*Asks:* 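Have a look at the structure that comes next, please.
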Amino acid sequence: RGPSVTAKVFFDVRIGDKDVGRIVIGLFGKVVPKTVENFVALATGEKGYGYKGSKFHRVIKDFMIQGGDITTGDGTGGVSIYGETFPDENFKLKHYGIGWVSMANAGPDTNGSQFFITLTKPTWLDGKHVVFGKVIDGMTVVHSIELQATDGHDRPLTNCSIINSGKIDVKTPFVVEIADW
Amino acid sequence: XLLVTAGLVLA
Ligand SMILES: [Ca+2]
Ligand SMILES: [Zn+2]
């Protein structure tokens with residue numbers, strides 16, 4: 001057993017001028033409903049702002065790729081659908097391995113729009129970052145971003161852009177098995 | 001270090 005994927009979000013990615021494919025993230029709505037709602041709403045852009053047009057501004061091989069700065073765009077910005085920030089919902093899910101999706105923050109209770117996809121098992125972040133999703137398709141796209149040349153700020157030299165985002169309804173929820181759940 | 005922050009990016 002494990003928690004159920006109840007929704008999905010897609011990001012179509014372009015690196016410079018090349019379309020590199022689509023990342024599909026499955027979301028654990030029953031585990032972290034409030035966090036999932038924020039991420040889905042930002043993906044669809046229904047509130048009038050969202051992930052479309054944002055980039056993965058910080059990429060560190062074998063650690064994570066980070067994105068979702070939907071205001072300033074340099075990695076210092078972002079906002080949630082609930083306000084500037086919202087509290088940490090819970091820490092039920094861990095960064096179990098590669099491809100788990102989690103909220104970036106600026107300390108306790110400062111979730112906004114920015115998120116990251118793991119490229120390792122960062123156990124030191126367990127209990128500090130809210131985990132809410134899992135990459136179910138497009139791990140090759142994540143790897144393409146991961147291998148991008150970056151500067152000394154870990155920013156890709158060429159922009160890795162989310163050119164479209166949205167949701168895909170899940171008609172049949174499915175379990176992502178988790179050891180010892 | 002290896003953190004994921006929004007504003008002050010640290011070691
Ligand atoms: Ca490696
Ligand atoms: Zn490879």
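We name chains A, B, ... by the order of the sequence lines, and we start the count at 1 in each one. Should a residue be non-standard, expect its parent letter or an X in its place, and expect its extra atoms to be absent from the contact counts. Just so you know, these numbers use all the heavy atoms, side chains as well, and skip hydrogens, waters and symmetry mates.
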*Asks:* Mind telling me the name of the drug at chain B?
*Replies:*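 The PDB calls it cyclosporin A.
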*Asks:* For cyclosporin A, which chain gives the most heavy-atom pairs within 4.5 Å, and what name does the PDB entry use for it?
*Replies:*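 The chief chain, as the PDB entry names it, is Peptidyl-prolyl cis-trans isomerase C.
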*Asks:* I'm curious, what organism does the PDB give for chain A?
*Replies:*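 It's listed in the entry as Homo sapiens.
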*Asks:* Would you happen to know the UniProt domain of chain A where most contacts with cyclosporin A sit?
*Replies:*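 In chain A, it is the UniProt domain PPIase cyclophilin-type.
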*Asks:* I'm curious which residues sit within 4.5 Å of cyclosporin A, going by heavy atoms - can you tell me?
*Replies:*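 Counting heavy atoms, the site comprises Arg58(A), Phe63(A), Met64(A), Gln66(A), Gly75(A), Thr76(A), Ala104(A), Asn105(A), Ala106(A), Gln114(A), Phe116(A), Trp124(A), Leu125(A), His129(A).
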*Asks:* Residue by residue, which parts of cyclosporin A reach chain A with heavy atoms under 4.5 Å?
*Replies:*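 Heavy atoms under 4.5 Å from chain A: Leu2(B), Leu3(B), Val4(B), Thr5(B), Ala6(B), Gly7(B), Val9(B).
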*Asks:* Going by the PDB entry, what's the name of chain B?
*Replies:*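 The PDB entry names it cyclosporin A.
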